[PDB]
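This entry carries salinosporamide A (bound form).
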Amino acid sequence: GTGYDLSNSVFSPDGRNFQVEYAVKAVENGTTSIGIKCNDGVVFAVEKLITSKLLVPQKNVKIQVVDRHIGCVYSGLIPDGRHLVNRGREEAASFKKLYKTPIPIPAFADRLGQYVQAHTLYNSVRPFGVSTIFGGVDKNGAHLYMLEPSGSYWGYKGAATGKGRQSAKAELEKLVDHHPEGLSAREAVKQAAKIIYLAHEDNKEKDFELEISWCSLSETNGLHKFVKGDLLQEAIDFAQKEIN
Amino acid sequence: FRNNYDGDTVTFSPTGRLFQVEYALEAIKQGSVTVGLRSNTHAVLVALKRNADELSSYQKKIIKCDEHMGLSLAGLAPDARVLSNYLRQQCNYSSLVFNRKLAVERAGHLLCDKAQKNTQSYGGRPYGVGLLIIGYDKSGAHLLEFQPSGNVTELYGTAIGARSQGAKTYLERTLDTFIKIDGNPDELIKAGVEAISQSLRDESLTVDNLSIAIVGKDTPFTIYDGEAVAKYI
Amino acid sequence: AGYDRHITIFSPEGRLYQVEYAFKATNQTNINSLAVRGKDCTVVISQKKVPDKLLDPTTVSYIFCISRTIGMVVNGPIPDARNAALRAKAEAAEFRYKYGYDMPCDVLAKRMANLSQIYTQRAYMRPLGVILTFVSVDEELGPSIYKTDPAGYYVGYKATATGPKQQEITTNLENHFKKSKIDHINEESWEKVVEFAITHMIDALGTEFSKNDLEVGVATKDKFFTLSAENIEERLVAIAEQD
Amino acid sequence: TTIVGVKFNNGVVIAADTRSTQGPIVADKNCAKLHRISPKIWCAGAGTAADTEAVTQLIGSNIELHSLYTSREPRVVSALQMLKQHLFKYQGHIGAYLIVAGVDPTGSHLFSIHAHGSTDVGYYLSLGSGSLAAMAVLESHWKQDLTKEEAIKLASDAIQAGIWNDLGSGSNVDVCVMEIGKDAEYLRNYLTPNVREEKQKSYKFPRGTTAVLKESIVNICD
Amino acid sequence: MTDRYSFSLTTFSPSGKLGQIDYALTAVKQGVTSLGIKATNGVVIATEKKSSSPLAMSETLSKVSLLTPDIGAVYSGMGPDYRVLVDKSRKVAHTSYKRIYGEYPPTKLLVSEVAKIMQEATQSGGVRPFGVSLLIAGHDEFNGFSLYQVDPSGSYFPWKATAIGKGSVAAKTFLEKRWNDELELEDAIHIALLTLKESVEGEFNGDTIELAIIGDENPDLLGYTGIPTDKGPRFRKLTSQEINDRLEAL
Amino acid sequence: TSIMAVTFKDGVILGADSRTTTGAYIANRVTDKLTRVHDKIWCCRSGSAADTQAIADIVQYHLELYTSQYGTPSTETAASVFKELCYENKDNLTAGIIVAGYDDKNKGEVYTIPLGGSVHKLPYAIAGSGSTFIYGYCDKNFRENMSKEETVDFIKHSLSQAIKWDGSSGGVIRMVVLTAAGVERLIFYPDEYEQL
Amino acid sequence: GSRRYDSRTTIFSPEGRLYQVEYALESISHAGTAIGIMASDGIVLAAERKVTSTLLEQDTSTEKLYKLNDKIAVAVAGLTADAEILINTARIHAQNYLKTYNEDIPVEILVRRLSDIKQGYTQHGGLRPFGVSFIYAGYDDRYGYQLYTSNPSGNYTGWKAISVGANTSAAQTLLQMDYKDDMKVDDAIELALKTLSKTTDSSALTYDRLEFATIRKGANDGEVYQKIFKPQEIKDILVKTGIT
Amino acid sequence: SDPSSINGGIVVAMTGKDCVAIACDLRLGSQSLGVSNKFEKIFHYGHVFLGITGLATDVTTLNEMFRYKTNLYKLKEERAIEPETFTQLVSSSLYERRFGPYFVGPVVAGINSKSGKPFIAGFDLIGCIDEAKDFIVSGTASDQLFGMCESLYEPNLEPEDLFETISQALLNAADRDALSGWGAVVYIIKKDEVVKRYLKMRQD
Ligand SMILES: *C(=O)[C@]1([C@@H](O)[C@@H]2C=CCCC2)NC(=O)[C@@H]2CCO[C@@]21C
Ligand SMILES: *C(=O)[C@]1([C@@H](O)[C@@H]2C=CCCC2)NC(=O)[C@@H]2CCO[C@@]21C
């Protein structure tokens, strides 16, 4: 029959979970955001659509930090994104409190994963309307991740989601081939700025604001920090230049 | 279509929409208009109070949350009482425990998160009201727009409710002008009334009909109604 | 009435469609795996497919180290797989704490099967779209392979396979054992058992494998471990110098 | 009370005296301090009788269910873990002091548990008010590589030390041998060195000696 | 989260039928045939080990389970449902009887306990009935030997002999012909093997059949000696070899 | 009780007497106070035998589950789990614990968790009734980066002295060596350490 | 959510009837018939065993007559398993009363309690009612011999003679035809068998298809005695009454 | 202060040839004050007899509890409970109150209806079962009872003889106890019949 897509934990005859798939539609309808893993860190960047001149510039920050070494950015229903970070934060505090050492990125990823997967087990809840790109530096390296509404996640070299995910993925794949040795944090920041600008074409109708953050063993001491001032403008320019 | 995916907030439509949330947003549009704008020294709230009969009062639309914070509502009044009450507690908590006044940006995050919980679980319903929060904290004057979806944004000015679009375009135009009305509340308030009258149509703002509130540098969030707003009509 | 296909209640034919559709989900990853028992080890092979060039191959796996002695390979979506892995680990650790000895492979299996049986009976819990294959070298039973499905069913195997082309691998193995007449790969080294495993994987699926097309897990006395791309390559080379 | 455990080359043997007391009064002259947890895992108890007894049956019950569920023979370390975590939880309020032995798929074992939940391992052990008399004997005659017969003798002698030298112990000696390849053998009253001598007179009263006021038949059939 | 299914999933239809029970019974009907026969000095329960694959090890899956040392069970229907029912039955024999009276429960009472567990899955909120029918055979001092059947509704009834599952109708008929109140245990075992043959399509030997009996005490299966009153379990599963020896005299 | 842990060039060594008493009676003269909570993370137990056992059993459980999910735990992390249990339950426990582990990056490490539940990382640590008598000796003879032989010697002498003066200590001296090479068990009998 | 699958077992029909109770009663009407006849010197309970086989063990069977107290018994019509749940709680309530007042529970008090439990499943809880109807035969020193009846709704009433289960209309008319206030236990025993005999949906009425019980006050004693007839006993009385 | 020395009282059971006897005094006092001379401490459920010494309120409560439990047992088991089984029911019921026990000293006596074997057993307040073959004592004059029994008792006494023995044991022990006496009752039990006799004794 039909109706397999009305309740959240139901398996359709072909083994799918339609509500999780409809959740994805909410994610694809969102702003584009990416992540780039560099030789000793990771960079996050996101597109911020300027609905009007009334939005105070630089104020509505979207990227979020977890603990002191993890960055998270997402596309879709913003509120769902925050909800997930809040859990991530409790998840990280709990881990540090018991084990003393700040939580490893792989461990942190599964914490987010199990939580999201949990929201696809009952019809009394709705799946998350966001895909999340997060990562940081830990005991052994840098790690980048993307988490889908199904709870599925994998480690990435580069990642993108949202409206212009295809352009982004395309640009990301180029970098992967032309740099088997590894991009530097400094470079990744610029490259990132470019990818957002490019991918912004799939939304070229509205003006936007660029936002970047990074976590580099050498550039930030392994702490997640936002790219501001000079370093920011320098990247904005590098993009504005290669956009023509 | 829609009819099969709008029976409760826990259901996504085939296109990724949340109708219950959207239907809630509709309650705001049906609400009376209210405006908000700020310079670098003050923040103002101008709200059009709506009356039932000519024998009835004009329902209050501005609520003070603390000495440095407050908001204006558009939609289900009861839901604003709940949300403002929660904002009052959060401000109170910050003071009592950390002897710190709650950052307007932090209040926004708290409202977003409280609204979000009511859009992901079975049984509840989204809040059916919009809020404009203004306040003066350690980083100056601030204005926030809260939508039941859980989306909160910081702006220089804005308006919500019926015909709100009028005032909103006016402000988006007058921007460079009012954003510099520093050290002169009366000028900011007048600019607020001029933006709000851009959404009139039915009548004209009267004395027991207009409601204004201001906060800033050396001005604790205070509300003016009636005679007190006469000098602005 | 027609909801007897949304939750786990009987259909007029005495069926549980939700459990059936859950079985369907297990093949969603289009990955095949097989397990065989050695003389004193247990091996599990599973195809590894990494499509996206943006992925970090090292983080893509459907094999899990549940305990020092138990390994588990999962056929099905990764999120449900990881939900099953965590639970199995928690269960394995608690068993040791309470009863003072390592949880046996068959017991861990029965426990996971029972948990599944429950989602099959309680309406608020959905089944997990996965098939779990547990392996180890039990201190009492020797090399062990126990597998569980969304129906809460489980049993031990001499060898087994799981996935879209399950049937082909199965008949291939069946044939080999009808021939050998024994219920295990009579080899002293796990390396050779791993080779036998990969070899028949190829014969049955009619495909060639590189070092990044496979994923291997081995269980020996007091330890279960997964092989590296290089440990595998060394395996692929050995089998090459025979054909 | 005197209870001991002694390992021998291919198994373990536990034994105990048969005196039960309430203060200075001997309540049971032949109680049984040797209980079974599972067919091949036996316990010797000291301390509060109701507790050693109750605790042995509770863990025994659960050990049976665990066995049935895992399709395996119960292991001594399992009864030990279940006993200690139970006793620990009750902070010593469950006055159970036990010597738990037995054979299982992993070999032959000998342990001791105290009311507070601590456990100990050894080749020879004893607990109870007779503890010190028994231990003195064990420290004097034990040796590694004892034969089944030597272990029985040693264990049996250790309890005798308690029976004779400890007022908290007396009457008979109960033994239980658990050998790696065979069935456990429970030897109730393996020794009975305290038979009461024939009384000097018979106190059988002539019928009618007791004055009766009223008499009647009690109805038992419903 | 939280099970919000606090209402019955089995309710009365206008006709007075209880749908889910009926469907559960239908599931039982598709299940492999199983049977039980009572003799004057024992009881035998048997079923077919329908190996779902030749790579599977049929021994690692017992359809005949020991509930207490004098009681055993067999079924027809959904295997996973049976497995958990056995765990729950073994535990209830303890919690509701052995831990109170210091002895194992008599067959009728344990049967009664199982039945209650099943009846609840017929009325409690958020669940479906168990998709199985069990045949429990046992012995106890004051009731002697007995055989019971327990259906998804939770109902149970005593039998001299009966069958459930696939060819229950045919098998029940064949049993009515050979049963008398003077059968010795071996006779029942024989009759059981014959009855089971008619229900088996392929191979019929001690590796494809599972059979147990409730009979005399097996002191050799006690594990210890020294206590006169403890003589051993009456329940005993037959070995592959023991079955084949009897199949030759088929 | 007399227990100590000493870090050295190739890792760390644990040591302890083998006596458990109930008053003046020696309930166990061959006790093993050196408990394993992980392959290369062990602890020294003093105070309540029942409490320290229960604590250790739980830490081992916690580290087993930790390993299953995040790999081998750092010695610091093991000490943190012990600490959590001792601090949070300080009112109902009497446990003096010394945690010792060997890491390849960190080499040997020693964390001492005294009665209140506080944690102290040190080059070496001593504890138990017998320790009081060897404070001066140890402070005068300890040196950082000693060889395995020197370290075994330091522990052997220190403990024999503690055993000498403390009636609450005795039996044999047990030691556990934790290095990259593996785990080694050492035992020393009365006739040897008494005449040192 | 879950609401979607809630049958709502406790609501009113537009006519003010309780669906579930009505359907449960419908279920009961297909159950073997049970009769209750009260005489001056006793009470008779008789029931027809629904479905039987040559292999069914009748000596060890009981599916319709249950002892609640030494002075109270019930005849069941409906789901046996449901009846057993209620019977057990009825037995516990009787003992609670005994332990509290040191007097056997008055027959009505026990019946009202059981009926109240049934009424509950009718007003709250969202669960199906018990598909059971009871005929209570008991004795106490305030009302002597009493006969009651309770059904799924939770209603109960007193009778001189009554039946529950299949063909009650036919059974009731036959009883109302030959019943007489001054009857005697022996008379009632006969009436009961005649009534079942004419309402059976089966060929003949044999002993293997009946259960019989009487509550008399054996003149040679002075106390109350319940007698659940044994197979042979039923076979006898079946010949005597002229049904062979 | 001592809940077991407030009301006073004793009970004693003995085994004989194909028979068992259980006896008790009839006193119920409040310390020094005698209150009732008819407080029987023996009860029965079917053919199983239970005597109970200790705090009167608990003696009463336990009897009511065991009646309640043996009643349901009969209804489910369809047979009367046996001595050995009841003994286990008593034990587990008492232990269930391990940390807030009933202050009593129970004693079970009876003959197994199927094996004909005689059976007696005693329990401490938390259920520890004492299963002696000869005799079992309980109450404020238990020391005296042990002395009487140990001397006066001999195996396989006939019913008529065991009656004399148990009666003399009870009587002379009660007369050395301030809190016991004021009447006595002796139960002689056999497979088929049970006779209950009230004894004549001092009333001080
Ligand atoms: C021995 O420990 C002892 C026994 O009465 C008791 C009886 C049965 C099993 C456990 C052991 N316990 C006691 O409390 C008395 C007093 C001194 O020791 C006893 C004889
Ligand atoms: C040592 O602290 C000591 C040990 O009995 C105890 C036993 C095992 C591990 C922890 C240490 N604790 C004690 O209470 C006694 C008395 C003095 O110190 C003991 C010997």
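Naming convention: chains lettered A, B, ... in sequence-line order (proteins, then strands); numbering from 1 in each chain. Only a slice of the deposited entry appears, and the contacts counted are all within that slice. First listed ligand is number 1; within each ligand, the first listed atom is number 1.
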Handout entry: Binding partner of salinosporamide A (bound form, ligand 2) (most contacts, UniProt)
Key = Proteasome subunit beta type-1
Handout entry: Other-chain contacts of salinosporamide A (bound form, ligand 2), heavy atoms, cut-off 4.0 Å
Key = F
Exercise for the section: Can you figure out which of F/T21, F/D32, F/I26, F/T1 has its heavy atom closest to atom 2 (O) of salinosporamide A (bound form, ligand 2)? Expected result: F/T1
Exercise for the section: Tell me which UniProt active-site residue of chain F is closest to salinosporamide A (bound form, ligand 2) and the heavy-atom distance to 1 Å. Expected result: F/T1, 1 Å
Exercise for the section: Report yes if some N/O of F/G47 lies less than 3.5 Å from some N/O of salinosporamide A (bound form, ligand 2); otherwise report no. Expected result: yes
Handout entry: atom 17 (C) of salinosporamide A (bound form, ligand 2) - nearest protein heavy atom and its distance
Key = F/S168 OG, 3.4 Å
Practice task
Among all protein heavy atoms, pick out the one at the shortest distance from atom 9 (C) of salinosporamide A (bound form, ligand 2); state its residue, atom name and that distance to 0.1 Å.
Solution key: F/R45 NH1, 3.4 Å
Exercise for the section: Tell me the residue and atom bonded to salinosporamide A (bound form, ligand 2) through a covalent linkage, or none. Expected result: F/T1 OG1
Handout entry: Subset of salinosporamide A (bound form, ligand 2) atoms that lie under 4.0 Å from at least one heavy atom of F/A49
Key = 7 (C), 8 (C)
Handout entry: Residue selection (non-hydrogen contact nearest atom 8 (C) of salinosporamide A (bound form, ligand 2)) among F/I97, F/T20, F/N28
Key = F/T20
Handout entry: Atoms of salinosporamide A (bound form, ligand 2) close to F/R19 [distance to a heavy atom under 4.0 angstrom, numbered from 1]
Key = 4 (C), 5 (O), 20 (C)
Practice task
Report all residues and nucleotides of other chains within 4.0 Å of salinosporamide A (bound form, ligand 2) (non-hydrogen atoms).
Solution key: F/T1, F/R19, F/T20, F/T21, F/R45, F/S46, F/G47, F/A49, F/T52, F/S168
